[PDB]
S.K.: 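Structure of interest includes zardaverine; see the questions below.
Each chain gets a letter, A, B and so on, in the order the sequences are listed, and its residues count up from 1. In each ligand, atom 1 is the first atom listed, and ligand 1 is the first ligand listed.
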Number of protein chains: 6
Amino acid sequence: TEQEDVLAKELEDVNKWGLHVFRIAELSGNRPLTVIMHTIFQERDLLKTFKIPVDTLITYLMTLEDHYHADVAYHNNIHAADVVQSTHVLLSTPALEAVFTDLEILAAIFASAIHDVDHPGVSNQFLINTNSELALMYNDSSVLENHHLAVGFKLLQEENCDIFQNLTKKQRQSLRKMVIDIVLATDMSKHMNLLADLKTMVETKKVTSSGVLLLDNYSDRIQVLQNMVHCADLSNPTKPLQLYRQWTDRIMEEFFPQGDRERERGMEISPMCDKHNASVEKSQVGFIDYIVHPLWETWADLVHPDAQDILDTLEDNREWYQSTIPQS
Amino acid sequence: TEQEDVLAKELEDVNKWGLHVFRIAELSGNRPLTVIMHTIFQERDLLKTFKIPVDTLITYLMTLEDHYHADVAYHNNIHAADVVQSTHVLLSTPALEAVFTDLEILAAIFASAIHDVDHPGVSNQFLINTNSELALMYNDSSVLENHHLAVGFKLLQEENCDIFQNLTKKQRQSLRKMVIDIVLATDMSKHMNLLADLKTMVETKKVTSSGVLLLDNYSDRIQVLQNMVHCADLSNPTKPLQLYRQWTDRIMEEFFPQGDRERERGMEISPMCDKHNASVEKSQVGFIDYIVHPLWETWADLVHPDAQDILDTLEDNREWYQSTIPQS
Amino acid sequence: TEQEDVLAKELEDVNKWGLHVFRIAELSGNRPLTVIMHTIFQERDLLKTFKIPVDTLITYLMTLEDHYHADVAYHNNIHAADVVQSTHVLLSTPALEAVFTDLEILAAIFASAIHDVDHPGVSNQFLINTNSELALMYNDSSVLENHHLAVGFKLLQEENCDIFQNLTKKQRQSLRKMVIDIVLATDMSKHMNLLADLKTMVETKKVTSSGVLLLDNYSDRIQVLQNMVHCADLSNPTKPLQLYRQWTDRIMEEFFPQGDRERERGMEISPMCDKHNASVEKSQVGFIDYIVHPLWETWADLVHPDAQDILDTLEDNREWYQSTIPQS
Amino acid sequence: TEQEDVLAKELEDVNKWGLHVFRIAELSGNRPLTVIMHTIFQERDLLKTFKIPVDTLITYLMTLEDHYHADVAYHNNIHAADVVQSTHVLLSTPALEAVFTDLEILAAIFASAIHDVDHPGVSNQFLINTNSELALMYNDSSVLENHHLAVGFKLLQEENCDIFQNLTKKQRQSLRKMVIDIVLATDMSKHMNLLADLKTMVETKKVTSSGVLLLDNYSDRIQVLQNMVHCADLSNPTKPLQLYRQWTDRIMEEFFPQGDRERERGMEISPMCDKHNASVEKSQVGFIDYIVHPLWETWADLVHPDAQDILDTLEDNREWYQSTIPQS
Amino acid sequence: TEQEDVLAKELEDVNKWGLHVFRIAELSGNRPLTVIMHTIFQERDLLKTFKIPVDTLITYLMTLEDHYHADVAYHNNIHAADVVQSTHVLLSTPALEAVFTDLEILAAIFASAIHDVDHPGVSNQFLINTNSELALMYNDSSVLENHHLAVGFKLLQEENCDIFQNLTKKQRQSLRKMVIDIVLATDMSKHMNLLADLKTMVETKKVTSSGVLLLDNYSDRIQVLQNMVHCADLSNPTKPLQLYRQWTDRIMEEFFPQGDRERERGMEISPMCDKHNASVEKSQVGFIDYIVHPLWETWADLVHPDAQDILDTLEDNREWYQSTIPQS
Amino acid sequence: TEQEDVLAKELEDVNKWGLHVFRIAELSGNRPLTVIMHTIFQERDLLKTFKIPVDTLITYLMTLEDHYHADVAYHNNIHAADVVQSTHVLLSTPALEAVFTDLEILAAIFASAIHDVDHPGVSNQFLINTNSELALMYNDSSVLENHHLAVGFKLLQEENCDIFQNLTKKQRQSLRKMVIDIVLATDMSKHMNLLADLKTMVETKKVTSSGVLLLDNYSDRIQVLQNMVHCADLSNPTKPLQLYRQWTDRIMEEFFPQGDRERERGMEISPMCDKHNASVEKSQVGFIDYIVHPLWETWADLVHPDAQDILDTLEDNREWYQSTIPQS
Ligand SMILES: COc1cc(-c2ccc(=O)[nH]n2)ccc1OC(F)F
Ligand SMILES: COc1cc(-c2ccc(=O)[nH]n2)ccc1OC(F)F
Ligand SMILES: COc1cc(-c2ccc(=O)[nH]n2)ccc1OC(F)F
Ligand SMILES: COc1cc(-c2ccc(=O)[nH]n2)ccc1OC(F)F
Ligand SMILES: [Mg+2]
Ligand SMILES: [Zn+2]
Ligand SMILES: [Zn+2]
Ligand SMILES: [Zn+2]
């Protein structure tokens, strides 16, 4: 147990934003998802609360993690582990003190864990344009996201892989509904609407004297959980620069093979996916300007100002990439 | 070619509302869909307009029809053939004179043809509650409707079953989009919204001096096509009583086995599906009062008054079933 | 003063809906507008209330009437006189008891009087398509309606033609605004919006215990006056059949010469304007179904049920024309 | 061809924001509009694309420019030339890459060119209050803007002045509609609504990965073109201070004669138009604070951040004028 | 115990719509409220469910009933008893099966019981116009309704008059809130808004397969309870004609003395309150047309079709009063 | 008349935002309300415009001021005087130039003057929870606000205390309505709705060329007056820091005795009212973040940018208090 001590030391920052997931990925023999999921369940005492057999949890996590493609640069088990950990941190934000039930917390975390499982490394648009079997199956509607959900739920049926075995029938139904609602919201084509509803909610925001939010009905809470996992899924630009840059390299490394795939097919090369005409820096600045910042700014509003540091980091990272943009 | 003359004589009423599809079903050796689809394509000169190889058309129709379950009382090839023929008639309504392009007409008719293919005879709710593989796959969202589309499109890939082989790439894309949008609208859980948008469209209705509707953009036209196939799908109570009654018998015959299936499962017997406590007459009156009449009344408004007779027949049939309701 | 007694006897029905304006037209030597306007001003004591010199009133009315084309079958001084009289009757509806100020009443009546002055007998669309100087002038926007207002106001500047000479500067400004707002609303291309706002107002309708409407702000009152003159302008189908039919003959007599004009120009013959392919009866049924009935039904709602008889007459006249529709 | 070289050298900055239009005005013998319009048409290859006879173009431009009053300090051919050039630059903004068709581009530029033709040097309000023939004509509604359109279109009818002679009938119709919609939007009384719709469009803003806007329907594109020409028309405070100040001098020089005109009429002197009580500096700061900055800030958002420099210049110029405000 | 048997026989119809409350009023020595409230509490087992001391209940009911003025023709203990009984019946409608908790049922019934207590026989408007101490107190806002609530709650404080003595502190708080919300909704000036929200709720209506409504949150349920007691309060025209007519006589008998009071004050006589110019028949037809029918029609929709008979009766009674309208 | 000169010198800043009301309170022998009200009435020539007997005005002001509790740290005559003066300044904002009638101006100022009269120093919630007679009276609805109105109007009835004695009956009615509507809007529980309507009004904002707002109907104007007095009532954090801090000390000094009162009652100590656990600085930052800034930001928008300085001051004061927040 040499470096196993270093691993355990790294996992001590599970509640901190910039957790170094990449190191944990190595120190765990490529099991960041299993490791992090397990430690978060311990941390949240979910194992006890829902009577989840530890052996069952690990058996499931192992299978789930196995279904994340190793030959995929970005959408893999490290990404999954990252979104899980980020959702974990966001759930603990002060403004959301005791707002969510244990079942809702469980759903959000489980949803994060499976949100991209079995991702092939190509976009929904690619799958649609190449007339993939997956697109045929899902009628070009949230092709990947639907698939992720199917796979994640399917794996629960195997050998004591069913970590939810001891939840009441009603609880199992709720969890399935919430998980489906959250993961389907990670589809980027739903970003605008999601953000719109979030803004509508930031106004008409009901807060208790202390500072905690007041979410009465389900549709209000599920909306927050959706945007939360969405923020977690799009949190790379808000993490410490060293991490962010690694992610950017991975996502570009994945976009290019798709562009290559498209060049072979004779297809119109998707934007950013063109190896010979990419502006990595500009793309990041744009990605932040059009998607990430608008979203996080709104989130920062809702949980004001618990997200103030994250927002600041985002804006700093934008300037860094901005400066890196070639001037010629 | 003895009764083959009678069949050809029956098909002469392909443009009339009360076509006797059940007779055509027999006279064709249980090939009403293939027969009616083919005659409507001839009638509309679609074979020529889209260069569809006749042999290819029949090959596809045969396969498609084969995928409609024979042991299913209502959701089968006769129902499919009926919705196709009804859509065909509705498309020819005066108020919609030259409003739709040939591609849109093609899509609506093709959509009708595959709208319920491979239907198992149980409801989406049943599939969801019994944790079916199909519901797991489609995340309890338009489970059946999604499946119908997948199967119908999949069959096109086989042996010269691709009747669309000679459409431009752009046309193939539009047709697929429209077909998906139309079939997903046949999901009954979307009825209220669909009807709501239709009403919003009846007001603000733009008509030319002659009487023809003015549909400018796609979202306006696709909305009409959706409601149209939806009306066709829920057209039984508007057909001649002799036909309507046969349909009612079939739908109840199908509902009960589901109720039986549920009784075995130990599940709560769905309403109307309970063999020992059904009020067939009341159910029809209710079905007409809450769903069919509200929908057709609105449709009758949009195409006023081309649908006046259909509305009258509907109201007459309602009174007939009303009278039949036991008074004890 | 032989028949001058009959004329005075006819004018006794100035407050009744079916006034026989055509007879009054003859008995007055083609001065129905001057005659009816004068008698309504007397009737409403407007001459006193606004210190209008009787000689000035008649001088203006004469000039105004003179500017209505004699060679125009429908849009002439008899039509003007009719809309004036109808607005007069509508203003007296019980539901609008003391709702409007004398200035507003004056504006509505004056607006009616000039609403179609100097009408050339062709449609706005014709003027636009033929690149008329009038359309060039008004940028194809409410070409005729703008023109009517310009002419009607311009005539006031002449020889003691200024019947408003004794209104305060503020009153003159309000009257001009209201008149412009009402006449521009007679443009048929604004029918849908006008009707829409009227419906929105029928809901949220505030009525006093007795039954009188409650119109607080100007935009509410000007909206009612707009729709009122619009109803008056489209009141032919709601008058006694003998009158209605005469109007229908005149309007068709005017549409055809435009159609002839278009045939000469080599232009696409406008619908209904085609002498060799008109279905006068069908056109009326359509006109009532798509425009008149929807409007009057809404108006009948707002002033419920003071307009109940008018609505009934409208529906009876629809059936009459319906029956007259050739069955071959 | 001495200074004709300097002129050609100045025109080299036709694609740059701060083009020195005033110098070009002199170097061209007071033909900045003709010169700049011609060079922009060359630059955009519109002459070729729409088969416009060069002789016809110059003939029209000459006539158009002639109809701009020489004795009017601000609303003259230099202003027209300036709005044209600014629209030209705005059209080339990165965010609007290939968003507009050539016809739409043509419309926007042509609209800018005639947007103030035959402007008398007094406001719409003045024309209305003085009961001008123009106000009588247009019923106090966008009096000037309507007139500009009428004159600009009328001039096309003359001697090979019809630069649009080779556009299909459909194109001519679209161009006319767009031109009318754009110029009528230059009416300042429509600023609040226009800005409101623009803000509504900045949210719900659909952008492609690269950064280009996505405008699907016409009403979306015409709305952008409207606000664009409106921005161009109110672009003075955003230009280099040396230019801005010259414009401010001209506009104040024009406002005062109106104020003088009003003093003679015995009318209430309009604000800012009072020669003896004007605060030129304060007025500019106010003009920027209430109109210009709110508009440009919104525009900068829509095309973010292509307009960042323009916004900065605007804010700098505001501070300059702010400092100049007398402290006594 | 002679007629005490008849009384007990009458109370047997406590669950039926047309209960003869007037007879019960006599047979009980003018204690219809006490009698009917008690029998409804027994009927609903509320005494047990909330541990209400029977002696306490009667003590309170007696005091409450005593605070209803005997010299008031309509707004007295019989009216109170009627609204209570009607609310009781409406609560039992099939469509609202197990929708409300016992506390909510208690609140609705208690609210009905005190909804008009200590009513002086004059309108809020009268109280406002005469500068009553009550209007001064309540700032002309729901003057009477506020007063009713104050008195009804105040009486609970007396000698074992506190029938809620055994409810948890939380329950007492909820009941007070609901009661206040319901009674303040009986203010006629809030009718339009209440009806508006009810219509909005009829659309978007969520019903279970069986037919029962689905009311998730409180604001949805309290809205239904509000409209319910409002319907009960305006239920006279929906009751059997013999009853309805007696109510109409009483309400007119009360309106007139107010009209007399106003004639003495020298005040403008309120509409309908004028003894010498009333059209009792017309007033009822109007009352039904503008208030009662619109409300009940909407309610009938929400609980469709449990209220079908009530609606029919209402429409029959309208025609009766319509016919009675003098024709001279 | 020693310091009476200093007093008169202080009152010279009555039209300036940061007026030092506390000094004026001393220099006037604790009569800031009477003094400031009188000077504002002089300033606005209201005495003349409404024929208010000066002796009557002072008699009323003296009585009114007397009804503000001396033993109440915040909600007293100095607060009243402050809200009056602030409303006075806001009414004079450029953007609202001649928008309000003299009666509306009178109502707003009178409403401010009485808005908290006879305030006991405890919250509505306290009065409700302690079952106060006042809460019983007003059914827990705007308990204090209703009371303030009642007392302020009641005092007018006394000895020539009726300053409105010479207003027409109609004017008296309007003033009463507006005053009631404005004061009831000072209830903090209506803040969210009020702000919501204000935002809805900032969009769809209609402004004249010059910069002045356009408020057509009453409901629009009364809405602005409501939010105005609401802004005035919540203006402390927007005043110069020296003033703001004094107010903060007073409000906390008042909150604590309530908390003490609650500790004695054995009640749950209200937030912020707990003497032993208050974070005065944090509370202010929160108060500004959740209530004040959101409100003023919106107001600044409506009257843009007349309120720019006030907004800046608010944000500066927020940072000051933020810095003061203990870091341990
Ligand atoms: C209750 O009756 C009917 C119900 C349905 C029907 C179809 C889809 C569905 O989801 N629910 N009901 C279809 C037909 C019916 O009756 C008759 F027309 F055959
Ligand atoms: C107050 O300043 C200016 C005002 C206008 C201007 C234009 C149209 C209008 O209606 N009102 N003002 C135009 C330019 C100005 O200043 C400078 F840019 F030249
Ligand atoms: C005009 O008739 C009626 C009016 C009311 C009634 C009640 C409250 C109110 O404010 N206005 N009218 C109540 C009953 C009536 O009639 C009959 F049902 F008794
Ligand atoms: C938390 O601070 C403050 C709170 C209030 C305040 C007023 C009414 C209310 O209901 N709640 N808080 C008023 C002023 C404050 O601070 C400062 F401006 F004096
Ligand atoms: Mg202009
Ligand atoms: Zn201009
Ligand atoms: Zn009542
Ligand atoms: Zn206050």
S.K.: Point out each ligand or chain corresponding to zardaverine.
M.R.: ligands 1, 2, 3 and 4
S.K.: Which chain makes more heavy-atom contacts with zardaverine (ligand 2) than any other chain, name per UniProt?
M.R.: 3',5'-cyclic-AMP phosphodiesterase 4D
S.K.: Within the structure, which other chains come under 4.0 Å from zardaverine (ligand 2) at some heavy atom?
M.R.: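 Those reaching under 4.0 Å with a heavy atom: D.
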S.K.: At a 4.0 Å heavy-atom threshold, which residues contact zardaverine (ligand 2)?
M.R.: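 Heavy-atom contacts: D:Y74, D:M188, D:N236, D:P237, D:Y244, D:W247, D:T248, D:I251, D:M272, D:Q284, D:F287.
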S.K.: Among the UniProt domains of chain D, which one holds most residues within contact distance of zardaverine (ligand 2)?
M.R.: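 The answer is UniProt domain PDEase.
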S.K.: Just wondering: which UniProt active-site residue in chain D comes closest to zardaverine (ligand 2), heavy atoms only, to the nearest 1 Å?
M.R.: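 Closest UniProt active-site residue, heavy-atom distance to 1 Å: D:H75, 5 Å.
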S.K.: Could you tell me which residues UniProt lists as binding Zn(2+) in chain D have a heavy atom under 4.0 Å from zardaverine (ligand 2)?
M.R.: none
S.K.: List the residue and atom at the covalent anchor point of zardaverine (ligand 2), or write none.
M.R.: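 The model places no covalent bond.
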